[PDB]
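What follows is a single structure, written as structure tokens, with notes after it.
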Amino acid sequence: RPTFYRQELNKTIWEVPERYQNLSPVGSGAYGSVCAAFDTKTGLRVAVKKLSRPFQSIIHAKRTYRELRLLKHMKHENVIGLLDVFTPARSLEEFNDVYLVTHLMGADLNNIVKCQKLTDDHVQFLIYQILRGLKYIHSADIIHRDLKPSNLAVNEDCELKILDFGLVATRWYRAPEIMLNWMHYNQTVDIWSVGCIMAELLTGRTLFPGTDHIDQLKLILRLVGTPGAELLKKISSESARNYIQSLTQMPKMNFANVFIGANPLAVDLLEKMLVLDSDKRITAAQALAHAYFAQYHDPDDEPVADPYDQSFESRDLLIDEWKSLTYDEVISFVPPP
Ligand SMILES: CNC(=O)c1ccc(C)c(-n2c(C)cc(OCc3ccc(F)cc3F)c(Br)c2=O)c1
Ligand SMILES: Fc1ccc(-c2c[nH]nc2-c2ccnc(F)c2)cc1
């Protein structure tokens, strides 16, 4: 076992192996705190995440397991992966803290959209990278569900990775079918979010700044139109249909006019991503092949993920069982060497 050393950072205690030095808090992100650090073994700058109350309840214990499982699975340049996972506990009975370690990126897409206004060329490269990561995640039967600029980490190299998959005001990037509470949504939920993000990078403003679920829907429908007959036929919920069909009908706007000065390829991709009916929305793989990404696209360099066992998601287990499963996964971890 390595030697651990202990310190307090913003009320939080951190017990990490001596290999990680100069810890510096870089913010709380719900369910955990993050420090930047220097990894003496690799020479790399890393982010270390301490999970908050990983075993507080069955929900938390299952969530801790899920995140560790997801992170051990993801091995892709545009998806956050694991350099290390550790606990200061020397046995299962002593196990109550999980630390997760990844390459430090040091910014997010908000930190890039803000005050700086990106060229079409930067937009192509950033969105290419999101789609490249999404192709991979989607190939493992994983849906992000909460893609937004603050979940997209970007380094000084303009290299991007998706954070917080499978687990700043999130509702602005949410697919309309989720605002309506549909339980059978598909992976193109994430493509909607990409469309909202891409629009924001092109225009410098939030495409749909909703104040609540209902206001969000209204803003979406003014751009994309109220549902046509084919989509209306697909809504089971009487309450949902009463509401939608009770709104004043709106036509789909002309995207070429809304995004007036943008690359006409960017506009074309936007309208394929922001299709109301999720069954008609472009997939991540299809989007990568869109002419907008001509300068970046290579099918031989856009890998798919190994099979991911999500069967645990259906299981109703005790806290101690989720805890022991998580311990097993910490101990079996094999670093990228
Ligand atoms: C405030 N300045 C920063 O250094 C700064 C600014 C913005 C961001 C998104 C970040 N930042 C954050 C928060 C988390 C982060 O990774 C979290 C994280 C995920 C998985 C894991 F196994 C270990 C981790 F730790 C990275 Br990687 C990162 O880069 C840092
Ligand atoms: F106002 C609306 C109406 C429908 C959607 C929608 C988009 N894609 N799929 C749906 C959908 C399909 C089946 N049942 C639902 F409830 C929703 C979104 C907003």
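We count residues from 1, following the sequence as given. For this deposited structure, the header notes the method as X-ray crystallography, 2.0 Å. Worth knowing before you read on, the calculation uses all heavy atoms, side chains too, and leaves out hydrogens, waters and symmetry mates. Both counts, for ligands and for their atoms, begin at 1 and track the order of listing.
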What is the name in UniProt of the chain with the largest share of contacts to ligand 1? Mitogen-activated protein kinase 14
Choose one of BNC105, BTA798, PH-797804, MK-5108 for the molecule at ligand 1. PH-797804
In the protein, what heavy atom is nearest to atom 1 (C) of PH-797804 (ligand 1), and what distance, to one decimal place, separates them? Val26 O, 3.9 Å
Taking the minimum heavy-atom distance to atom 29 (O) of PH-797804 (ligand 1), which of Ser24, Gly106, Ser28, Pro25 ranks first? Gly106
Report the part of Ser150 (side chain from C-beta onward, or backbone N, CA, C, O) that has a heavy atom under 4.0 Å from PH-797804 (ligand 1); answer both or neither where that applies. neither
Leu100 and PH-797804 (ligand 1) - part of the residue with a heavy-atom distance under 4.0 Å: both
In terms of heavy-atom distance rounded to 1 Å, which UniProt active-site residue of chain A is nearest PH-797804 (ligand 1), and what is the value? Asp164, 6 Å
Can you help me figure out which UniProt domain of chain A most of the residues touching PH-797804 (ligand 1) belong to? Protein kinase
Pull out every atom of PH-797804 (ligand 1) sitting under 4.0 Å from any heavy atom of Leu82, numbered as shown with elements. 22 (F)
Please state whether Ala36 comes within less than 4.0 angstrom of PH-797804 (ligand 1), counting heavy atoms only. no
Report the UniProt ATP binders of chain A that come within 4.0 Å of PH-797804 (ligand 1), using heavy atoms. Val26, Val34, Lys49
Side chain or backbone of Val101 under 4.0 Å from PH-797804 (ligand 1), or both, or neither, by non-hydrogen atoms? backbone
Students should be able to answer this: which protein heavy-atom is nearest to atom 19 (C) of PH-797804 (ligand 1), and at what distance? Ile80 CG2, 3.8 Å
What is the closest protein heavy atom to atom 12 (C) of PH-797804 (ligand 1), and at what distance does it sit? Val34 CG1, 4.3 Å
Among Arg45, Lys49, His103, which one has a heavy atom closest to atom 27 (Br) of PH-797804 (ligand 1)? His103
Heavy-atom nearest option to atom 24 (C) of PH-797804 (ligand 1), drawn from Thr102, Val46, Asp84: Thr102
Which part of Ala153 is near PH-797804 (ligand 1), with near meaning a heavy atom under 4.0 Å away: side chain, backbone, both or neither? neither
What residues sit within 4.0 Å of PH-797804 (ligand 1), counting only heavy atoms? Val26, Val34, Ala47, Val48, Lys49, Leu71, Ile80, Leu82, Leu100, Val101, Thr102, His103, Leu104, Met105, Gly106, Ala107
